[PDB]
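Position 1 is the first residue of the sequence, and the numbers go up from there. According to its header, this structure was worked out by X-ray crystallography, 2.7 Å. Both backbone and side-chain heavy atoms feed into the values below; hydrogens, waters and symmetry mates do not. Counting starts at 1 for both ligands and their atoms, following the listed order.
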Amino acid sequence: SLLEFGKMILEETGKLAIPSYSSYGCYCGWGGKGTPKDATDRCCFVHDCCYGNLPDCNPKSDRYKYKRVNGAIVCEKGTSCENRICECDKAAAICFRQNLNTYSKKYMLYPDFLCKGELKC
Ligand SMILES: O=C(O)Cc1ccccc1Nc1c(Cl)cccc1Cl
């Protein structure tokens, strides 16, 4: 659920889901349209897509359990949705961690009209 994802984010990037990633680029936090502005934005685009493969699930509210073996994120067995949701969030976290070096504040609160064009998953 949104609750786990943010915590996962924080541990991974040292940044807070809100407001560091809740309104970044064209896909972080609300998604919808345009061309992902950067790597971090790309992470969100993929992440939205991931959630997309689970029409009959509820990512925002279904909670899952996970542990860190050492530095690694390991999703614990739960419902199928729960497991596939976790794998989606884990990917996004690692992704964020992998592009922290290019995170740009000029993309915080990015205005909607500056996101043109559809991009397929
Ligand atoms: O893909 C993302 O960056 C995350 C993302 C996508 C869709 C919806 C919400 C979020 N994040 C989000 C979180 Cl992670 C916590 C509190 C409030 C919000 Cl809106």
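At ligand 1 one finds the drug diclofenac. Here, the chain sharing the greatest number of close atom pairs with diclofenac (ligand 1) is referred to in UniProt as Basic phospholipase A2 VRV-PL-VIIIa. Residues in other chains coming within 4.0 Å of diclofenac (ligand 1) by heavy atoms are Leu2, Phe5, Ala17, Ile18, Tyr21, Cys28, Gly29, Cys44, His47, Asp48, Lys60, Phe96. Nearest UniProt active-site residue in chain A relative to diclofenac (ligand 1) (non-hydrogen distance, 1 Å): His47, 3 Å. Among the UniProt-annotated Ca(2+)-binding residues of chain A, those with a heavy atom closer than 4.0 Å to diclofenac (ligand 1) are the following: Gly29, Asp48.
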